[PDB]
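Note on naming: letters A, B, ... go to the chains in the order of the sequence lines (proteins, then strands), and numbering restarts at 1 for each one. In listed order, ligands and their atoms are each counted from 1. No hydrogens, no waters, no symmetry mates; every other heavy atom, side chains included, goes into these values.
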Amino acid sequence: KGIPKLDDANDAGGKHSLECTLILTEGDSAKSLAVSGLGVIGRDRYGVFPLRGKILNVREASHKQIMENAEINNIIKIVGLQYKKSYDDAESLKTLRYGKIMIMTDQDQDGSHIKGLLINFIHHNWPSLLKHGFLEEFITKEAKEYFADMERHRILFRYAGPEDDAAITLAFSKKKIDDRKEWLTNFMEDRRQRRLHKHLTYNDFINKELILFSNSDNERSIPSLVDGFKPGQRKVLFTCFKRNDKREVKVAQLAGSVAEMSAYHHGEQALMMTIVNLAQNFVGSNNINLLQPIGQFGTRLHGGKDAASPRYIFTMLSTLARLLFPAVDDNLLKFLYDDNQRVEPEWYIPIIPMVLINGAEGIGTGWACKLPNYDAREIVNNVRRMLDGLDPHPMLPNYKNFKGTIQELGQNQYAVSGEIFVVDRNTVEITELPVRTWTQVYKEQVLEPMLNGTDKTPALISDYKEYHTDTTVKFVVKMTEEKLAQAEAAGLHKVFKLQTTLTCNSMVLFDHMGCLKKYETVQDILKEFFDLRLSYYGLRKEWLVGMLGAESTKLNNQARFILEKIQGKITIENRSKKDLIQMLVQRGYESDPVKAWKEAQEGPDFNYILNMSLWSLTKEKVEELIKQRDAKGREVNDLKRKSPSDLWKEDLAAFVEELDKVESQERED
Amino acid sequence: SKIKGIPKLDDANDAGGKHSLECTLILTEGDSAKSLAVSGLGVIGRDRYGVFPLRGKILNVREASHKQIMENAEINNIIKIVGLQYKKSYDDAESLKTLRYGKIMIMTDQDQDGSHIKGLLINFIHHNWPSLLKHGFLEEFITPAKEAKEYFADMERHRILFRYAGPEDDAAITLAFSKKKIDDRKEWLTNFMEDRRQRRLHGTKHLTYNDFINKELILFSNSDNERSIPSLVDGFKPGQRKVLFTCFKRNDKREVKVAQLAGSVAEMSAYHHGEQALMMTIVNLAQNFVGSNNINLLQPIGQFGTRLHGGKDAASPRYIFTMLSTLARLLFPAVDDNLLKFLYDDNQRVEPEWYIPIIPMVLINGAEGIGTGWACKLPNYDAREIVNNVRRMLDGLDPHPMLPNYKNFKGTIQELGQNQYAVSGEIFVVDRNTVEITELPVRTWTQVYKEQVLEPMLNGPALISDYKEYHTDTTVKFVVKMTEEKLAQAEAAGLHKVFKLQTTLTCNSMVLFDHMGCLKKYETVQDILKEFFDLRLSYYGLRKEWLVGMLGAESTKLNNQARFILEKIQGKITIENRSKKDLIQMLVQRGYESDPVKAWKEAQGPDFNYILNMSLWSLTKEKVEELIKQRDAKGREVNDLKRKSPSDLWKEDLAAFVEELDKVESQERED
DNA sequence: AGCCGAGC
DNA sequence: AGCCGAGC
Ligand SMILES: COc1cc([C@@H]2c3cc4c(cc3[C@@H](O[C@@H]3O[C@@H]5CO[C@@H](C)O[C@H]5[C@H](O)[C@H]3O)[C@H]3COC(=O)[C@H]23)OCO4)cc(OC)c1O
Ligand SMILES: COc1cc([C@@H]2c3cc4c(cc3[C@@H](O[C@@H]3O[C@@H]5CO[C@@H](C)O[C@H]5[C@H](O)[C@H]3O)[C@H]3COC(=O)[C@H]23)OCO4)cc(OC)c1O
Ligand SMILES: [Mg+2]
Ligand SMILES: [Mg+2]
Ligand SMILES: [Mg+2]
Ligand SMILES: [Mg+2]
Ligand SMILES: [Mg+2]
Ligand SMILES: [Mg+2]
């Protein structure tokens, strides 16, 4: 009583309390479906309360965050549970307003994660209730049909023994991370083997059901080594490539298009945030943003948190996008299917390892991935050295427009330093902040405590002024001569918090086979990317030789028919379709060689000839068609004398050319 | 003096101290406008300038209830920020010592709704503290992140001060915002619309409140009518029309998310307002429950709302889908698009001034709106009755009177007199101790009736012993228990009266734009029907003219294509190896005609592309015979149309419409 | 204690 | 004391 989103069972709290079931639903929308499904009679023995999504994991969570969590407090007040209270006996259960909790979620993996978080919540606080069969689930005007069928949709969770304890702990305990790695490692291996060849116990729920979320969590959160993308990001670029927008599109509108075209199965709000992240160009985000930030996508001041609503902002492809992901290689990719609809590919195959450029980052279950940004030109140069058979030079992380320094301290560990300089004996100037330190955060958490002091720290500076621009940082700080001499003695970057450590010891990617792998150096990422991209330039040459040759044979037959027609060697006039096709066969014309070639990759068709306009017989069109035919034959031969390496070099040169123009234009604006 | 309770406020550093009267409080339209202001001020402006966002339209405090005023958080926020006190006079300089700011600078969009917000703020100060306006308390900041810092560095040229000249300023503010001035606003806007039409037949740091009201706010009041009051012709307001124009253009064969459609509408139709209002309009166009639309032109695929909550239970526009009803293009035939006047927004072609439906859609769906000085309310009418009346008028007979009719409504609508109706639900005695309610009067929602009628009957003297609910999504069933004596007493009085199942409906404001865009008051729906009929019959005449011309052009085009094909296959003509110029000149000398369809369109060198673009297939046997058939069919089709009257084509459209109306409505009842 | 981001 | 709906 007093909880606005709760519809309380009429008998809750009275003599029938333990015969009452509380339905916890995923979202308010599921509560309404459950409310209408219960009808009038269901209000006596059933309550309904909505969940806001993922529940707090209370196992290792701090006491402050637990007691301040409103959703869990609501559940506790609704059910009437008491912390630290043992439910072992029958007299103790008279404390409860509800005898059973029924979790009702989507039938998908994220629903399974909420089930497990609720199971985890009860298992941690009152293990004794689960041995009574406290928890059950509901599986799915269509709702009224479910609740009349209720026993068929009702599954009861059973606690069979200590294997149920270990399973819950395996999933939700901070101390089990390494066990989750093994747990999921053994899971992915068995699927590779299988792919190439009522009551529910908590152990079964966790190992047969929740693990599907845990694996799906990694697949959505951990990028591919090949293109550097997660599937949601890859869906975005696939949609933009297919749309080929010449003008800016509202982010919210592009997101809805992505869901339709790529079969994105999650909430669009998440897609909109991904699109925003793909377009951000501020210092510390994307070395090359593949989407253009037209409107306010956020700045280094707030670290992108100041981005405006996706309803007010627009985007389109960067001109660099199709240069890094050439459209011709789409013919080599493997495009996935979602229920008979062809969708985004397994991965794109960019011309450089984009996974290094923009700093792929993500958090899964059992594993996370963090890579810093690397310099596009430096990577191009290493690809060129490798094409010559030379070893690649080592690479330090490099952030576009970052004015500070990044120094290797050790393997995969770096010091990132901003800029500070003594101006006079009273004055220092801060012209850069370490990568991912945001201007407003630095002001509030560093300079303000330095100016005002805190309860635990003395004042240091006597004043500061802010000269920043939208992309740049300038602080001018005043200090007494004494304080500045002390600051120099301890070192200026240290005192002013301008140095941060960058450690990347989890570089975890899916390889080109879709296998999760840990990479110890970026050189190993570069090498694995290089061997794959080189063979795909081989595949591209094979594809171009075939398609260009088919196009050549096509133009040859078209030109031959036109010449024989204008010379009177052949007439189609007033001839039946059958007679014309038969005659074209007897004279040796080929069925459409492009359609034939395109179908070979997986009656005679002369339409490519007979669909030609009557203009084709005129003088200037005859001459134009002969030129096109001869041009295509020269095109075939020009391609055949290029190696895969030459083709790669052409793409690299064209990309660098545009990268210089684009980044030069950026500094102008 | 400090304010700790208003998180969205950025207080001037000197506000509340000795320099208070030298400080400005910038009120912005919305939070993003505040960020533009806070950015434009920068480090320097923080001392003498505060910024606080307004949430949109401000409470109109003139003649508002004391409760609504005291409970209004936005106004209480403004009062607390500035330090104002109700009932206090600010006259002498001593009285100003209690103010944390000496001036308020309003910063809104440079559009009409921004002007409305300016007026509401002016209204708020004028009503409570007229003395403050004599001191020059109010100012505005006009516009046409880096742009913001440019605006504020030039603030002198963007700053305009409101001036109180005298009693005509009071009259102007009262004329705009007083509930007793409705008649004066009608005259105010009548003169405006008239004087503007006359000009269409032909070719300062300070601003007085009188000039603000009469030259600026009046533009919002007029735009408020133009957006809120429907057109007699199609029954649409402009935003609804832009939706239908977009849907016709897209021609979706599959459902579309309403949020996605709204963004598509904004781009395609140049809709200038918030997309959330467009999404609500889209939801409102698709609702089929009892009491909303007799014919919904968009399909409700999702939860669009029910009669339980009166549509307020619609799910989020992000979660629901729509598309055209199959009736939409039958009511608005695509061929008549050629007769419409399409508007332009900055060289982009957008929705027409109105569609011309085959029946008066303004009577079908109950056109409704609230403007300034006028509102419009029409009930729903029955589509087949309207079709029959149109047929009666085509035959020169008199149209039957029409009572309001709501689809699937099981109750009774009785005419008390002209434009006056008693609308009754259904209640029936089952036995002694039991009555049953199977229908509620139109636009009485099931949950509201339970809460406001049956619940007070059950508890607060209690007239009934109990009730139970058998409703479905689309239907209403209440079974009510009471003592014999109480039922007899309730039955002695009206059962419909006791249970509040009768509502009166009066439509004395039927206010629409006529076909010229002139605001008109219509006394009867027969008047509406007759005015629509004359214009629509005229446009069936235009459609026939348009079709005769276009079909005739198409026939000439085919005659030339067939002639060329026949001469080619007979050897009478050869294009082989001939130059383009020689072939153009030769076709001209032989009397082939330049593209007849293009020539006809341009009428509303020679172009033989429509001939020479034909495929080589055209010279084969089957395509020759096909082309000749197509040519003769086209000639017959132009001849068949010439014989028909505009009335015959209207009858054809009505029959096709009714046939699909029958199929669609049958399928609705089976589902 | 809190960020990073694709999810609820 | 509030609905209707196109707007902020
Ligand atoms: C209130 O009703 C429900 C809420 C939810 C949660 C939720 C829960 C919250 C909360 C916020 C949210 C919100 O997340 C926010 O979305 C924002 C959308 O714009 C982008 C820019 O930034 C996002 C925020 O980063 C994110 O935090 C929802 C978005 O979609 C969800 O699943 C989220 O603050 C308080 O608790 C689930 C439900 O059922 C499944 C519900 O019925
Ligand atoms: C908080 O930030 C601002 C809010 C606003 C108002 C507003 C104001 C409100 C309020 C709500 C709203 C909200 O209206 C609601 O939108 C809903 C959108 O979906 C449909 C289904 O139903 C709509 C509601 O019928 C409507 O009531 C806004 C939507 O667009 C506006 O202009 C509205 O509740 C409290 O006061 C203006 C601003 O600056 C211009 C702001 O910065
Ligand atoms: Mg789901
Ligand atoms: Mg943690
Ligand atoms: Mg990144
Ligand atoms: Mg505006
Ligand atoms: Mg009122
Ligand atoms: Mg209506």
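According to the PDB, the drug at ligand 1 is etoposide. The chain forming the most contacts with etoposide (ligand 1) in this entry appears in UniProt as DNA topoisomerase 2-beta.
Other chains near etoposide (ligand 1) (heavy atoms under 4.0 Å), by letter: A, C. Mapped onto UniProt domains, most residues of chain A near etoposide (ligand 1) sit in Toprim.
Per UniProt, the active-site residue of chain A found nearest to etoposide (ligand 1) (heavy-atom distance, rounded to 1 Å) is A:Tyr312, 11 Å.
Counting heavy atoms under 4.0 Å, the binding site of etoposide (ligand 1) comprises A:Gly27, A:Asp28, A:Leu51, A:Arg52, A:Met273, C:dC8.
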